[PDB]
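Entry with bortezomib (bound form): notes follow.
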Amino acid sequence: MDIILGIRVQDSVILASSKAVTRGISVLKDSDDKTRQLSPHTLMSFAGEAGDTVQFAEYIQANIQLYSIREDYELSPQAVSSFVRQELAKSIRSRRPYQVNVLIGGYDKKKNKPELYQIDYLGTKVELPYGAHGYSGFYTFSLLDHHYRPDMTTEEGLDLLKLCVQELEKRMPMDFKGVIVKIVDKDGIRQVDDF
Amino acid sequence: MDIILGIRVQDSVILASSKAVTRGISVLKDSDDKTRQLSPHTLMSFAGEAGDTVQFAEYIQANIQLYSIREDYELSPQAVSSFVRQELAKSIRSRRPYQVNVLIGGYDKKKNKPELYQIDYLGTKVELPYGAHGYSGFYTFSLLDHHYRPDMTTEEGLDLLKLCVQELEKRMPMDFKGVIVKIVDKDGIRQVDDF
Amino acid sequence: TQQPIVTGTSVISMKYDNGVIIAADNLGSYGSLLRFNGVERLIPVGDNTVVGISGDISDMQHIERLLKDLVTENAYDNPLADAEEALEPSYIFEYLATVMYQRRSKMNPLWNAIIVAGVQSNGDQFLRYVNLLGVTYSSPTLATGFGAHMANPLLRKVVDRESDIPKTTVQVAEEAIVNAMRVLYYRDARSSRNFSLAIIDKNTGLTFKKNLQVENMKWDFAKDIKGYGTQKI
Amino acid sequence: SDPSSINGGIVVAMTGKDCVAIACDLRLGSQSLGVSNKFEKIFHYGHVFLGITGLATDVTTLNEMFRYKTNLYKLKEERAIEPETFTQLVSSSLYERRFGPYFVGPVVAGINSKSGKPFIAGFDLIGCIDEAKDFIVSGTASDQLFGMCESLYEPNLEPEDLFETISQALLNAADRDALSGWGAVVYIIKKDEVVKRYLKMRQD
Amino acid sequence: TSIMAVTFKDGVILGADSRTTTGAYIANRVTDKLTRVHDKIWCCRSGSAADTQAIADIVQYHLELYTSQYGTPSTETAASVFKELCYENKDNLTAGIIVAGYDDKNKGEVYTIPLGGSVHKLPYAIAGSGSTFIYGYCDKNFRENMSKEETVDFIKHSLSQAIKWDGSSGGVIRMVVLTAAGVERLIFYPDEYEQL
Amino acid sequence: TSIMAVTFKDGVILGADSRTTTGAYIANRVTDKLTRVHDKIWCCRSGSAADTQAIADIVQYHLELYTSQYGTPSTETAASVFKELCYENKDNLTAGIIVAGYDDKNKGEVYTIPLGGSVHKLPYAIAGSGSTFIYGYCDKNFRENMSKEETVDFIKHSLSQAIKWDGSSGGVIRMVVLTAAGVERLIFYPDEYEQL
Amino acid sequence: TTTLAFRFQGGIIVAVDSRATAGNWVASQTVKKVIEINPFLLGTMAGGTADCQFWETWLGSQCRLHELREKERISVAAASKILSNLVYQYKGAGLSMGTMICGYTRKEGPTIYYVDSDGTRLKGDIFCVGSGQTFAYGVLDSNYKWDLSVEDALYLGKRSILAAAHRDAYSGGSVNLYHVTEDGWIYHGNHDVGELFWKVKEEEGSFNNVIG
Amino acid sequence: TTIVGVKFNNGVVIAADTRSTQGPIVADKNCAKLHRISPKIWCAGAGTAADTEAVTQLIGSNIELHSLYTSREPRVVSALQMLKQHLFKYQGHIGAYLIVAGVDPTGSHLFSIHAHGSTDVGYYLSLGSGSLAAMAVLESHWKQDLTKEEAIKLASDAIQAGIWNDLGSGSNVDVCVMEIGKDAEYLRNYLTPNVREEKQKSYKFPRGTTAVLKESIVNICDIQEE
Amino acid sequence: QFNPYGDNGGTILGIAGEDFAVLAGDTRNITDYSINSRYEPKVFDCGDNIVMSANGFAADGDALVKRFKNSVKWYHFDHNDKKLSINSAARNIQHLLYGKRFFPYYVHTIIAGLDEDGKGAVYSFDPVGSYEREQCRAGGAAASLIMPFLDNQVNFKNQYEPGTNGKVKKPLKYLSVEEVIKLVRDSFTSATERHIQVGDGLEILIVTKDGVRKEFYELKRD
Ligand SMILES: *[B]([O])([O])[C]([C][C]([C])[C])[N]C(=O)[C]([C]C1=[C][C]=[C][C]=[C]1)[N]C(=O)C1=[C]N=[C][C]=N1
Ligand SMILES: *[B]([O])([O])[C]([C][C]([C])[C])[N]C(=O)[C]([C]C1=[C][C]=[C][C]=[C]1)[N]C(=O)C1=[C]N=[C][C]=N1
Ligand SMILES: *[B]([O])([O])[C]([C][C]([C])[C])[N]C(=O)[C]([C]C1=[C][C]=[C][C]=[C]1)[N]C(=O)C1=[C]N=[C][C]=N1
Ligand SMILES: *[B]([O])([O])[C]([C][C]([C])[C])[N]C(=O)[C]([C]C1=[C][C]=[C][C]=[C]1)[N]C(=O)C1=[C]N=[C][C]=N1
Ligand SMILES: [Cl-]
Ligand SMILES: [Cl-]
Ligand SMILES: [Mg+2]
Ligand SMILES: [Mg+2]
Ligand SMILES: [Mg+2]
Ligand SMILES: [Mg+2]
Ligand SMILES: [Mg+2]
């Protein structure tokens with residue numbers, strides 16, 4: 001799919017993902033949720049080639065849920081991101097690689113810290129205060145570089161995110177039909193229903 | 001450029017043309033007027049390859065204005081459309097053809113009739129009650145086929161045009177940044193400044 | 001743009017104390033077929049210049065006619081055509097170099113590598129290279145094609161820099177050239193045993209030697225070589 | 001398209017008097033887009049240091065692979081692996097992927113704990129060992145690094161002098177490369193102390 | 001490459017030039033292209049040097065194992081083993097081989113195995129890039145039941161011409177004589193065969 | 001195509017097969033490849049039939065106009081006109097021509113003009129696809145100053161072998177004799193030359 | 001490359017970077033990406049260095065000839081169209097240009113035309129052009145107003161190029177500032193990005209992601 | 001790369017230059033191209049450097065196990081056979097071009113080996129980009145019944161021809177002499193005709209010239225007691 | 001297919017002093033892995049106190065230099081023996097190069113001399129005629145090896161004053177002709193070590209108000 005954004009503030013991680021699904025000349029859907037809850041305090045957004053994106057996301061989801069049940073324990077965001085990276089690094093030398101890029105937003109309950117990981121389809125992982133995939137960064141990183149502060153509140157993070165989306169809606173040729181925004185913090189995952 | 005539409009109603013011709021100009025990754029402008037007045041009662045909208053569009057339009061404009069001064073007389077829309085067709089038919093077998101598609105909306109003062117001509121870059125001319133270039137027709141023709149009656153008022157034509165633009169804004173992947181609408185009738189050419 | 005059809009292989013040359021030596025075999029190849037066995041690829045211009053040419057033979061014959069015409073043209077209205085206003089090696093080279101670069105610039109090259117060897121009016125040795133691209137360069141030793149890879153290393157052991165030229169006699173230089181021609185016959189699959197050699201000396205003038213042969217060849221050791229590894233018989 | 005220049009980055013190593021130095025830039029990018037300024041390319045397993053340039057996924061994968069192997073080595077051998085032995089292990093591991101290689105440019109640096117001898121080594125992507133006495137370079141600005149090292153370097157530099165030499169070699173090489181920079185780290189390594197220094201440099 | 005094998009009254013003689021080229025560079029000017037797969041079964045090799053060496057080594061192994069079980073193999077049998085390798089691996093091989101051998105029952109025999117891996121039993125055979133230039137000469141000058149001296153002259157003259165015209169051929173002319181008397185190696189140098 | 005021209009004591013003789021092929025189909029089995037550009041200057045043609053006919057027609061025109069102004073042209077002059085057309089139009093032509101002629105001053109002369117448009121004066125010349133197979137034979141059997149009967153036999157035997165091995169050559173062997181006595185045409189049929 | 005130009009209350013701000021690259025190799029950090037067509041006209045440079053240099057220098061010659069012949073300053077419209085018509089003649093041949101022609105006349109006021117080697121000619125208020133154009137757009141669009149002081153407008157242009165210099169690998173070196181009024185342009189210095197980044201970061205509180 | 005091999009009276013000598021290159025850049029100025037297959041079987045390699053090294057270690061390893069299995073000293077023909085069959089199997093993709101020489105109970109031997117698996121026998125051989133320059137010297141000065149001293153001289157002169165005339169070769173000459181009834185003598189940097197001249201200037205910097213952000217001690221030691 | 005271009009290797013270096021300028025270049029000429037000449041001059045005195053070198057494809061390099069020398073001659077004929085200033089020469093060379101925009105001279109051109117105030121000047125060109133005045137520029141094969149070294153040792157990049165720790169830069173003090181020649185020689189010695197196309201000899205042309213002087217130095221021949 002198209003635009004996925006992530007920002008890690010003081011006490012939470014915020015993921016914003018476009019709602020459009022386009023097959024060629026038509027926009028088939030304008031309410032698509034490009035994300036999967038991997039665990040109560042870990043969320044993964046995704047974008048890439050059709051079919052592969054959802055197939056990969058649900059496969060990761062199933063594996064983390066299996067781990068959770070087996071150990072009666074939630075893996076740390078760092079551990080989940082490493083598992084995901086290895087799967088993609090394995091995939092890139094396969095017969096047919098997963099053409100999927102992901103952001104992993106999680107709240108580490110042990111360290112009491114939000115964490116944002118950016119991973120591309122090659123298995124290239126980086127921990128970031130804010131991140132993006134595709135052309136999204138090209139328009140939003142200059143704004144984030146200017147305004148971002150590590151002590152931002154969740155509300156300030158959402159405001160900075162709105163400024164990013166407004167810039168995208170101005171300068172991007174494609175109509176991505178707005179974004180679904182989700183917040184990951186100590187209380188879990190919730191969706192901002194008005195954005 | 002992208003979307004250009006035309007509709008011929010009872011007493012006027014209405015042309016609607018998108019405002020966006022996109023160079024690859026960025027939308028450079030969102031207020032571009034993709035049209036030229038050829039004579040007081042003849043308007044031409046255009047879309048195709050960059051540079052060629054404006055170069056062709058202004059070249060046609062200059063030729064019609066020259067004719068008007070020489071004869072102290074306005075050519076009929078039919079005559080102007082035939083001149084334009086011949087230039088494009090000449091162009092298609094040139095070293096480097098004009099990659100330009102046009103709609104010509106004119107009011108014939110002799111016959112007291114509005115007239116809409118659709119011409120593509122090959123020099124393919126057709127007179128139509130409503131027309132389009134590119135993928136625009138792919139969305140709009142079904143609505144126009146249903147709702148169009150040859151005796152519509154200008155206001156009804158604008159309403160049917162709004163329905164067409166709304167469908168485009170829903171199903172087209174590209175953000176064309178709205179349309180500039182112009183009306184051609186017995187009193188000449190005017191722009192609808194709120195659409 | 002074309003492709004070479006009938007071709008000539010290496011041209012080799014070097015400077016010595018009193019002049020220059022140049023050599024080239026007498027073969028005109030047609031791909032891997034050794035088609036023509038009596039082709040002269042050293043073409044003298046007057047008594048002070050020898051132009052050695054490798055590559056396409058049809059283009060060589062064209063160049064040969066240009067040089068012949070150049071001599072005719074220089075004589076026109078020229079009372080000193082056989083004296084002060086005779087063609088110099090430097091004039092002949094610059095002309096050819098101009099033609100080569102012009103032809104490459106029209107995307108229709110003369111498919112050749114050329115060495116112009118001679119002695120100037122003041123006795124100075126002249127040795128310079130030009131090819132189908134119009135690329136030119138000078139050196140104490142010059143060679144084309146396979147000669148560049150095999151002859152130059154041998155000739156450079158005799159004259160390694162400019163200061164070695166006055167220390168090199170005509171006997172030592174000719175000996176080195178003849179040896180290099182033997183080595184090329186051992187190792188170049190498009191070479192022949194028969195070759196021509198030209199010496200341009202500031203004292204004794206132009207000596208043009210035809211029908212020379214590679215001699216003193218070592219082949220006897222071949223009898224002991226059996227199989228490709230383990231075979232004993 | 002070229003896997004070795006998608007992400008960018010550089011590594012350089014130098015020997016001195018009873019010491020070695022290894023340095024790297026901090027950039028990770030997606031071609032023209034700068035993505036991270038905290039992507040360190042130098043890792044260590046005991047007292048043996050390994051820098052890795054090239055495709056970032058393979059940098060990460062190989063680090064994890066050599067950590068894996070040096071941990072098993074230590075459990076079985078009951079001692080830390082030495083630079084000379086680790087160099088052979090890198091070479092063996094790269095060559096096993098001869099016809100499906102990791103797109104990387106590894107650089108080993110360290111001091112043998114028994115002999116006290118400084119050691120550096122470089123590799124191509126398939127395992128060929130370059131064991132230079134003076135310096136090793138790797139990455140998208142390797143040509144620039146060769147030029148800097150070949151003129152700036154002199155043998156038997158003291159640790160604090162070697163720091164200045166290697167730092168200036170990295171910094172000025174990176175500034176002539178679009179895909180390198182965004183910070184830099186220098187490790188100064190002595191027989192039983194290692195100092196790590198982050199360098200201030202232009203952020204474009 | 002210029003290779004040939006010729007049957008005569010007392011048996012068969014194999015002949016070959018000694019040139020191996022990488023493009024126009026002569027990588028080896030004293031090559032031995034006459035290779036032994038059994039005591040009195042030899043072959044001439046043309047095409048890829050790697051392929052024809054690999055094949056010949058495998059054949060020698062097969063015939064050595066054949067001998068240990070069933071005694072001396074016929075020339076036809078040796079040719080069949082060559083063919084099996086050349087035919088079944090035709091996609092991956094570039095090999096033109098002439099097989100020549102001496103039995104006491106069958107006397108001198110020559111088999112040629114071109115690129116496709118077909119087999120052809122002939123009184124004499126020619127192959128290699130240089131053979132093209134001597135089809136006319138060999139056809140006109142070959143006779144059946146020649147003497148040893150006549151056959152040596154026929155091969156010497158034939159390969160002389162092949163060497164003269166083919167840039168891929170040259171060096172010395174090697175020959176191997178196969179008769180009841182035994183195995184004799186011959187060599188002829190440029191100064192000898194160029195003046196013919 | 002198999003063509004050749006051979007100088008001898010009394011002049012020169014041109015020889016040629018009569019086969020023209022479109023792939024493997026013989027489009028003409030009785031072709032005349034020996035063409036007249038002047039009374040005692042003829043040529044042999046190989047390569048494109050269109051190109052070599054176009055060239056020969058232009059040359060004949062040039063020599064006819066030469067004759068009207070300057071008298072009988074030399075064979076060298078005829079060869080030069082051929083060369084000029086073949087060299088200058090080398091990109092667009094596929095023509096291999098042998099020029100043969102008889103002067104009283106120069107007697108029999110042969111010039112060969114291969115693909116590139118170079119000129120080579122020779123005692124005898126061979127060309128065409130079939131010539132490859134007779135380089136060995138012709139080199140061994142050619143002598144200078146042969147008689148008419150010997151030269152006819154030399155060409156007949158040579159082209160016989162070229163026809164035997166080359167699929168692009170065949171039919172009858174045509175010959176044209178150029179001497180002081182005049183111009184004589186000869187023809188030899190398959191039943192004659194196949195049994196040689 | 002990152003070049004920008006924008007209209008405002010005080011005229012036009014032109015800001016460009018200084019980097020030139022051959023592949024990943026940084027060929028130069030001292031490139032003059034603004035061309036002084038006259039005391040009133042500026043042109044920006046993006047794409048092929050030579051094409052832009054040559055033909056915008058040429059443009060200055062045509063402008064001079066116009067005002068010699070017509071005894072009057074050439075309009076920005078007329079000047080930009082000479083260049084666009086010229087490159088249109090060469091369309092297909094492989095010219096590589098993305099330029100802003102900037103000026104200020106009585107009849108037009110402050111005017112900017114984007115001119116392009118595919119023949120595009122666009123009048124507008126804000127343009128960014130080059131590999132780092134998206135990065136600069138972000139800062140501009142969120143901070144641009146008409147009622148900017150010459151001082152604040154100059155800083156915004158400087159800050160927008162810096163944003164792009166940081167993120168775009170093929171942009172950097174230094175920033176050249178120009179301010180275009182009706183009596184002519186005014187140069188506002190060369191600013192090294194290596195010093196400007198640490199200065200802005202410290203004073204502005206931005207780039208908290210980078211350690212200093 | 002320039003590598004040669006030369007037979008003599010009572011043995012064989014091989015030699016090589018010491019330059020390795022990645023395109024037009026010199027990666028290593030003093031590269032070791034003479035590899036030991038066994039104590040008295042050595043080979044020099046041209047082509048892909050990792051391949052020449054890897055194929056030598058593998059065959060050298062198997063040769064050692066073979067020698068232990070048979071209670072015999074290894075033979076050059078065994079190394080040759082094992083190398084060619086391995087290289088043939090990989091159809092030229094293992095880019096190893098080798099000159100294999102050595103002494104064994106059968107005598108002294110000299111072979112070449114190309115990447116597709118073809119082998120050749122000779123009294124003098126050369127391989128690599130500078131093989132033409134070297135072969136020119138060998139074809140000019142080689143004779144039958146060379147002494148040990150003459151063969152070393154001829155081999156090093158052939159490498160020098162490559163060093164000076166081939167851009168793919170340079171720096172130093174390595175030699176290995178294998179004589180019958182003796183230990184093989186490996187002469188590393190036998191000739192050193194390319195020492196760099198002293199630089200005009202010292203580029204040692206004043207301490208504190210580089211700007212530093214942070215300092216920290218790196219813990220290389222294991223987890224400590226108490 | 002015929003390729004009208006080739007690569008003759010070589011490397012050149014121009015450095016502008018306070019009242020002088022140097023243009024240096026190695027004397028080696030190559031194709032592929034062969035040496036054509038160990039001494040083929042590459043830097044030329046073009047008259048009017050201007051030195052020039054066009055490095056890359058030598059045939060285009062010779063053609064360009066030849067046409068510029070010619071342009072100097074005709075400049076004298078057409079403008080009353082007026083001295084062609086370095087800035088005017090630079091602009092003229094742009095037009096020579098851009099004239100063949102669609103079939104370019106495959107060279108990297110550098111000229112050196114003195115400006116009209118007597119200060120040292122170096123100009124640098126790309127193959128299609130874009131140019132810029134510079135203090136320092138290397139061109140050709142080993143340019144990527146040499147330029148970073150010159151950024152560090154001529155412009156004192158990334159160098160700061162001891163004790164201040166990054167706060168105060170090393171001041172940009174002017175270099176004498178003897179100092180510049182040291183940096184040129186070390187640049188080419190280093191380039192010779194690590195680049196196979198660089199070697200044999202180094203020829204330096206020094207330009208001052210007194211005229212054009214030449215210096216030659218041996219480089220490694222391997
Ligand atoms: B001969 O030319 O066929 C020859 C015979 C071979 C068995 C020694 N072959 C070669 O020389 C081939 C190339 C070739 C030339 C002509 C026709 C077919 C093939 N050469 C090699 O196989 C070769 C060359 N250099 C190194 C290794 N192998
Ligand atoms: B001969 O084979 O060269 C022959 C001589 C020609 C002058 C009559 N040429 C042809 O038959 C050519 C094809 C060809 C075959 C072999 C080598 C080169 C060319 N044929 C034709 O030109 C032709 C065939 N069919 C119709 C018309 N022309
Ligand atoms: B900029 O990136 O467009 C820059 C500005 C130029 C007009 C001075 N262009 C370049 O650096 C181009 C390469 C390029 C990079 C990114 C996008 C488009 C083009 N470089 C050159 O034209 C160049 C490189 N080396 C020497 C001379 N010119
Ligand atoms: B020589 O020129 O053959 C030389 C000797 C080598 C066997 C130690 N070869 C090389 O230097 C090769 C050249 C080459 C380059 C690229 C592909 C294949 C071969 N170099 C390397 O193998 C090489 C280059 N850089 C690092 C490591 N190895
Ligand atoms: Cl073989
Ligand atoms: Cl016909
Ligand atoms: Mg990533
Ligand atoms: Mg950088
Ligand atoms: Mg031969
Ligand atoms: Mg940048
Ligand atoms: Mg060098």
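Below, read A as the first sequence line, B as the second, and so on, with proteins coming before strands; counting in each chain starts at 1. FYI, side chains are in, hydrogens and waters are out, and symmetry mates aren't considered; it's all heavy atoms of this structure. In listed order, ligands and their atoms are each counted from 1. Contacts here are counted within a displayed part of the entry, not across the full deposit.
Lab note - all copies counted, bortezomib (bound form) located at ligands 1, 2, 3 and 4. The chain forming the most contacts with bortezomib (bound form, ligand 4) in this entry appears in UniProt as Proteasome subunit beta type-2.
Other chains in heavy-atom range of bortezomib (bound form, ligand 4) (under 4.0 Å): D, H.
For bortezomib (bound form, ligand 4), the atoms sitting less than 4.0 Å from at least one non-hydrogen atom of H:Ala46 are 3 (O), 7 (C), numbered in the order shown with element in parentheses.
Bonding summary for bortezomib (bound form, ligand 4): covalent, to H:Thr1 OG1.
Going by the entry, the organism behind chain H is Saccharomyces cerevisiae. Chain D - PDB entry name: proteasome subunit beta type-3. Among all UniProt-designated active-site residues of chain H, the one at the smallest non-hydrogen distance from bortezomib (bound form, ligand 4), rounded to 1 Å, is H:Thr1, 1 Å. Atom 10 (C) of bortezomib (bound form, ligand 4) is approached by the protein to below 4.0 angstrom, counting heavy atoms only.
If you check each of H:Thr1, H:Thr21, D:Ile126, H:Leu98 against atom 4 (C) of bortezomib (bound form, ligand 4), the one with the closest non-hydrogen atom is H:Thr1.
Closest protein heavy atom to atom 17 (C) of bortezomib (bound form, ligand 4): H:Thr48 OG1, 4.9 Å. At a heavy-atom distance under 4.0 Å, atoms from both the backbone and the side chain of H:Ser20 approach bortezomib (bound form, ligand 4).
For bortezomib (bound form, ligand 4), the polar-atom distance check against H:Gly47 finds a nitrogen or oxygen pair separated by under 3.5 Å. Looking at atom 22 (O) of bortezomib (bound form, ligand 4), its nearest protein heavy atom turns out to be H:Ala49 N, 3.1 Å.
Here the protein heavy atom with the shortest distance to atom 26 (C) of bortezomib (bound form, ligand 4) is D:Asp124 CB, 3.7 Å. Heavy-atom distances between H:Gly45 and bortezomib (bound form, ligand 4) reach below 4.0 Å in at least one pair. Distance from atom 24 (C) of bortezomib (bound form, ligand 4) to its nearest protein heavy atom, with residue and atom name: H:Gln22 OE1, 3.2 Å. The residues of other chains having a heavy atom under 4.0 Å from bortezomib (bound form, ligand 4) are listed as D:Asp124, D:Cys128, H:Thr1, H:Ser20, H:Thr21, H:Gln22, H:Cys31, H:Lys33, H:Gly45, H:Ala46, H:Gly47, H:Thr48, H:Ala49, H:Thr52.
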Output, or 'none' if empty, a list of bortezomib (bound form, ligand 4)-protein atom pairs in which both atoms are N or O and the distance is under 3.5 Å, rounded to 0.1 Å.
{"unit_1": "bortezomib (bound form, ligand 4)", "atom_1": "2 (O)", "unit_2": "H:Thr1", "atom_2": "N", "d": "2.8"}
{"unit_1": "bortezomib (bound form, ligand 4)", "atom_1": "2 (O)", "unit_2": "H:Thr1", "atom_2": "OG1", "d": "2.3"}
{"unit_1": "bortezomib (bound form, ligand 4)", "atom_1": "3 (O)", "unit_2": "H:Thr1", "atom_2": "OG1", "d": "2.4"}
{"unit_1": "bortezomib (bound form, ligand 4)", "atom_1": "3 (O)", "unit_2": "H:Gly47", "atom_2": "N", "d": "3.0"}
{"unit_1": "bortezomib (bound form, ligand 4)", "atom_1": "9 (N)", "unit_2": "H:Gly47", "atom_2": "O", "d": "3.1"}
{"unit_1": "bortezomib (bound form, ligand 4)", "atom_1": "11 (O)", "unit_2": "H:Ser20", "atom_2": "OG", "d": "3.2"}
{"unit_1": "bortezomib (bound form, ligand 4)", "atom_1": "11 (O)", "unit_2": "H:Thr21", "atom_2": "N", "d": "3.0"}
{"unit_1": "bortezomib (bound form, ligand 4)", "atom_1": "11 (O)", "unit_2": "H:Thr21", "atom_2": "O", "d": "3.4"}
{"unit_1": "bortezomib (bound form, ligand 4)", "atom_1": "20 (N)", "unit_2": "H:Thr21", "atom_2": "O", "d": "3.1"}
{"unit_1": "bortezomib (bound form, ligand 4)", "atom_1": "22 (O)", "unit_2": "H:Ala49", "atom_2": "N", "d": "3.1"}
{"unit_1": "bortezomib (bound form, ligand 4)", "atom_1": "25 (N)", "unit_2": "H:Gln22", "atom_2": "OE1", "d": "3.3"}

